Amino acid sequence: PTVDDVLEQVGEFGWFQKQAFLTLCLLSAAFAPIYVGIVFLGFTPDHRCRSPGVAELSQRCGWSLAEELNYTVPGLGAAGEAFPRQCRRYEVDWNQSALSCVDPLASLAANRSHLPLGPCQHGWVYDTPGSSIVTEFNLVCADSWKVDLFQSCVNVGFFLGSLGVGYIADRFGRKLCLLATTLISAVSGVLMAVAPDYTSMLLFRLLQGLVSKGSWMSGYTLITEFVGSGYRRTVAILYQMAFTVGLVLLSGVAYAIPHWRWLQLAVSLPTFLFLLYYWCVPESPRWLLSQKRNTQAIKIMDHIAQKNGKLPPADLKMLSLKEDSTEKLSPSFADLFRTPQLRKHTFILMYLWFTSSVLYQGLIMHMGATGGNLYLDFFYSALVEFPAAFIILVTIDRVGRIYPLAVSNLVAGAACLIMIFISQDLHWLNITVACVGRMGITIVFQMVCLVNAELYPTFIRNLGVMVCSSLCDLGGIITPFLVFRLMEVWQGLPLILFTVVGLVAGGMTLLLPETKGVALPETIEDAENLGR
Ligand SMILES: *[C@@H]1O[C@H](CO)[C@@H](O[C@@H]2O[C@H](CO)[C@@H](O)[C@H](O)[C@H]2NC(C)=O)[C@H](O)[C@H]1NC(C)=O
Ligand SMILES: CN(C)CCOC(c1ccccc1)c1ccccc1
């Protein structure tokens, strides 16, 4: 009368499982905006120093946007690529000076560089009709570094939340966390749009980043526990796929409304609707059974059978774990580093997460020149993944869950290697090679997440995945400085490091035990002898 058997008797993947999966998918899409970053909320358009006198002259004679930029703004390429043109103003009086539009400023100085440069007061004038956070607070030239501060603070908040948010979810149940965390994320998101100053917005974003990771991973583990053993692959992969679909929808809606405040409010509000949809999904039976609350476990098991429409088995009265467990099974950080096998698995998974994150960031950094439209580039970036999801689904069932991950990691490493050695000059081959590498990285990410979730015991699963994911955020934070520093030593040093890291990760993946068609463990001692 183990949990898996009764779950099989009523139905592994029935009407109930599909219903829960639909709402969990809705939750998954809602996590994309927080993790996308500042791409659609902090895009920096072209900008020049506002000048009161230019407005009067703009209407006197025929003018064009291109023409105005050329012989009204200081020229670029002097003492920097574009530093002068960006945020320097000549300050030559353009008002009460009828010098003809043919020769507005040429006559005065007979030279452009030698003309006087003043402060870039009067705020700024931006190109895009929409408004971004940069445009809101003039974080352009003097405070340009504040954008880096904001993004780095968000990343640090994400790392800390990954390190900490797991324990509350594990100890107090998965439904409770998925409710409180998503509620906090929703109330903060709608609050950010009303943030008056720079500090308040940063604080609200930090809170949202601290909680969203916990929300998403709690949902993931809940659905994975609910689905039967055989169909774990399908549910997990399609959950990640729903996250990608949400990303695509985010790109579309972002193009729809450019204003950042309205975008944030519109993205945040539906999270309250999801919170309304909490009534459906109950607590995971496995967690309740491990916590020794068998009465609620059996009550839930009756409902799923009712919704499935299949008669429940008569043996539920004696439902319990395989062996008589202890009264208390409290999770703790200490328990995560006691069993040598568990310690080895944790180290390997942490290293795999770190390598995946660093290699992904490196690959996106070494890409080609960005396209004219940011939205189209982001849409293609998201679109590349769906074939990756299709490939992952087919191979997991038959090949296993180790060889695909190892080969994908090695493929990403080799893609970086070929990008380095073979001619990297602009060619049609480079874009396809980059897409291949991106596909490999996506496969690595999905496989790592699935295997890590499936490897740990049930009563600590969320905490383990959280800790092993924190290294992903750490690597994402640290890699840019590493790549900038290494470039100084030698021209192509970074790509050699990427290739060696990928090869080592692919080699190390082999030690991890396979998990093809094996019921996920529920006791630490049971997980110790998983390989044997
Ligand atoms: C950009 O601005 C410069 C201003 O110096 C333009 O140079 C002038 O070009 C016109 C013809 O288009 C000539 O009649 C002027 O004599 C040029 N100025 C000087 C000081 O010699 C330049 O053509 C502009 N380029 C574009 C693409 O707009
Ligand atoms: C779905 N594909 C695109 C990425 C899978 O990893 C996701 C990811 C990784 C860990 C936790 C959540 C989501 C990712 C998104 C953006 C940047 C880095 C990682």
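For chain A, we keep the numbers from the PDB entry: what you see runs 2-533, in order. According to its header, this structure was worked out by electron microscopy, 3.8 Å. Just the heavy atoms: all of them, side chains too, but no hydrogens, waters or symmetry mates, feed the values below. Just follow the structure's listing: the first ligand is 1, and inside any ligand the first atom is 1.
What sits at ligand 2 is the drug diphenhydramine. Bound to diphenhydramine (ligand 2) with the largest number of contacts is the chain that the PDB entry calls OCT1. In this PDB entry, no covalent bond connects diphenhydramine (ligand 2) with a chain.
As recorded in the PDB, the organism behind chain A is Homo sapiens.
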